Trainee: 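What follows is a structure written as structure tokens; I'll ask about it next.
Following the PDB entry, chain A shows residues 84-470, 474-740, kept in their order. Just follow the structure's listing: the first ligand is 1, and inside any ligand the first atom is 1.
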Amino acid sequence: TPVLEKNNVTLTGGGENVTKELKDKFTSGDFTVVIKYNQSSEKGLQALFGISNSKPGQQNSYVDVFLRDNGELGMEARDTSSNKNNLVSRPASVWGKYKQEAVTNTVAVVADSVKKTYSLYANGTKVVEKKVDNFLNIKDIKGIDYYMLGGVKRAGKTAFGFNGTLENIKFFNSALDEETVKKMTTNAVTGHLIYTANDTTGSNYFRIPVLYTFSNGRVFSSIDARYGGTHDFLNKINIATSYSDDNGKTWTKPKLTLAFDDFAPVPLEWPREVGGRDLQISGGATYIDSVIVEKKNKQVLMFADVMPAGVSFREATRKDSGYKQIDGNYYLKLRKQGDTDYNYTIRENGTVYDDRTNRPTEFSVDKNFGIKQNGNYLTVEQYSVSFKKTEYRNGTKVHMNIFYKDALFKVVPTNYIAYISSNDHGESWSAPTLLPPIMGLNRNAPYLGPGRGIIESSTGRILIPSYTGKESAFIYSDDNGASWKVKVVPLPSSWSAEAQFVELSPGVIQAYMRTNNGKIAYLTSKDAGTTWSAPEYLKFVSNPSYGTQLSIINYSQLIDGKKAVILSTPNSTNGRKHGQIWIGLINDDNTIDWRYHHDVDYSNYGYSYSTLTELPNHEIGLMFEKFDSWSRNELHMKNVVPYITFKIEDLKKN
Ligand SMILES: CCC(CC)O[C@@H]1C=C(C(=O)O)C[C@H](N)[C@H]1NC(C)=O
């Protein structure tokens, strides 16, 4: 039951005094406050409410909950005379704007004297819960005499003045329980999640979204289910999928599509504090960075990077493919426990040969890289993680796999690429096929540029974007995917050259990519990817040197009477921020008129990896990482990868 409830309080930084209403309501000193609000202006630091000693000399004696112009939700609880100052927050907790309108968010705070915790909720998620040693509730702070909506009274002056409308605000004089407040903060923002923490995947975290629309009208998503926080490495990562048969309104519950089980797919509470957030799951085989394409025959492909357990993408050897050439064929090498050389190969039917004697052994490797001996599976114990992080054997047996820490036979500790095909628009998938040593025997595979591949219309060539760190690697097939080759293109510098393709006209394609110079590069081919021009750079996007992944797609419908492309990227030198969608119209000479752009949220809000698809109804689907995924400060955060949609008319505005 609320001790005070107020409605539709509209404010422009001046606040509203509710001292009369709230003084003498807080017996224990504990509290819960639930605020449904929208901001009319995001700028500066804004308190939703403030409880304070207003008297001169007592400006550090207050409790508040605040919003920043980057979408961070926090709270302070301070006492002046004891010099105790508590701050609890989480980045990227709220939404600012959406299609020109202030977004309604619902956030809450809980202060619990027993547990000595402050908890913050936003939009259905508990964004942070922190035990504090210098715990302060309202009674602990000396001489509280002022209770305020939309600010904090410090020394008789309004501070942190809120700009917007408090739609509903509820003050309770006790700590409400976790699930009550999760339900109270649930709203329309909550339904923009396709993948959620501890859903059917078992993962608390996700990164690297991909959207694709199939020819039958299904909209398909894939994503990294990253179990040990959001680290790229070392980590345990599965690729999950989920789809919509109604233009994105509703989505299937996620399935695991690419996954190993040396570790179980289970939720882990990954520490965000400075001294824990660098921790990693050491030793777990991984699929990472998905790429999707639909063939002309309606069969679907999906590619992914494959990392054996323990193998950091910077301790992975770079001068070994993992393959041997024997009598003109390529066979994946294996090392047996206790050997120093790689004496064995996987050949026909998965039969393991001793290369020295050139004879088949009793061992074989199945379609999923699992090891058998005389037709019976070898096993290893699966690992679990508990927290002070420990990794231990949990008593469950899973198949021994050549990608594992504890395998009798092991692949070269480097990165690989695998692909799976589906004949039923992603309801079921073939077993994984590892790509051949397309870069050469004495080089490791490239790394995929996440998003989609394309079928170039004039040749039917399939093109999959990848990179080496020094070169673009344009993986292609000229035989409807039966065989694979690569065009390697030296870049001007050490670009993490994540790319996506667009066709401009028949035979003519462009690869748009990330760079290490702050700009988006694009390379043009006028022979369907066989040869590539020197790079050019977009003049209107300006990012940090490290760069971010982008999304660009072809669009089926004319815009202003012209063939169009649609680009999504952050655009900011301050971080992975300021998401924009750009409409480019193709001219008769194949130059692009970049005529329209739309800012996804306010400029200082988080926007990292993103994916665009055209919906069957010709609206646009976007899923994106609504946080800064480079920042060491915005790691291991739950429920931060939403799906939103636009009409062309929406994307014309800004
Ligand atoms: C960490 C290596 C790579 C650069 C070569 O960074 C990429 C950057 C990423 C990023 O900047 O967010 C995420 C990618 N998933 C990652 N790729 C892999 C394979 O780990």
Trainee: Looking at ligand 1, what drug do you see?
Mentor: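 Found there: oseltamivir carboxylate.
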Trainee: Can you help me out? I need the name, per the PDB entry, of the chain with the largest number of contacts to oseltamivir carboxylate.
Mentor: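 It is most in contact with Neuraminidase.
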Trainee: Which residues of the other chains approach oseltamivir carboxylate to under 4.0 Å (heavy-atom distance)?
Mentor: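 At that heavy-atom cut-off, the residues are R290, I291, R309, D315, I371, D372, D388, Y553, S582, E584, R600, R662, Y695, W716.
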Trainee: So, regarding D388 and oseltamivir carboxylate (criterion: nitrogen or oxygen to nitrogen or oxygen, under 3.5 Å), is there a contact or not?
Mentor: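 Looking only at distances, the answer is no, because the N/O contact criterion of under 3.5 Å is not met.
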Trainee: Answer yes or no: does an N/O atom from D315 fall short of 3.5 Å to an N/O atom of oseltamivir carboxylate?
Mentor: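 For oseltamivir carboxylate, there is an N or O atom that lies under 3.5 Å from one belonging to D315.
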Trainee: Please identify which atoms of oseltamivir carboxylate are closer than 4.0 Å to at least one heavy atom of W716.
Mentor: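 Checking each atom against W716, I get 11 (O).
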Trainee: Under 4.0 Å from any heavy atom of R600, which atoms of oseltamivir carboxylate are there?
Mentor: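 Answer, ordered by atom number: 8 (C), 9 (C), 10 (C), 11 (O).
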Trainee: Give the atoms of oseltamivir carboxylate, by number and element, whose distance to some non-hydrogen atom of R309 is under 4.0 Å.
Mentor: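 Those of oseltamivir carboxylate that fall under 4.0 Å from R309 are 15 (N).
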Trainee: Pairs of nitrogen or oxygen atoms closer than 3.5 Å, one from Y533 and one from oseltamivir carboxylate: do any exist?
Mentor: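 The answer is no, given that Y533 and oseltamivir carboxylate share no N or O pair closer than 3.5 Å.
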Trainee: Please indicate whether any nitrogen or oxygen in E584 is less than 3.5 Å from any nitrogen or oxygen in oseltamivir carboxylate.
Mentor: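 No: no nitrogen or oxygen of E584 is under 3.5 Å from one in oseltamivir carboxylate.
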Trainee: I'd like to check whether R290 has a polar contact with oseltamivir carboxylate, where a contact means an N/O of the residue lying under 3.5 Å from an N/O of the ligand.
Mentor: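 Looking only at distances, the answer is yes, because the N/O contact criterion of under 3.5 Å is met.
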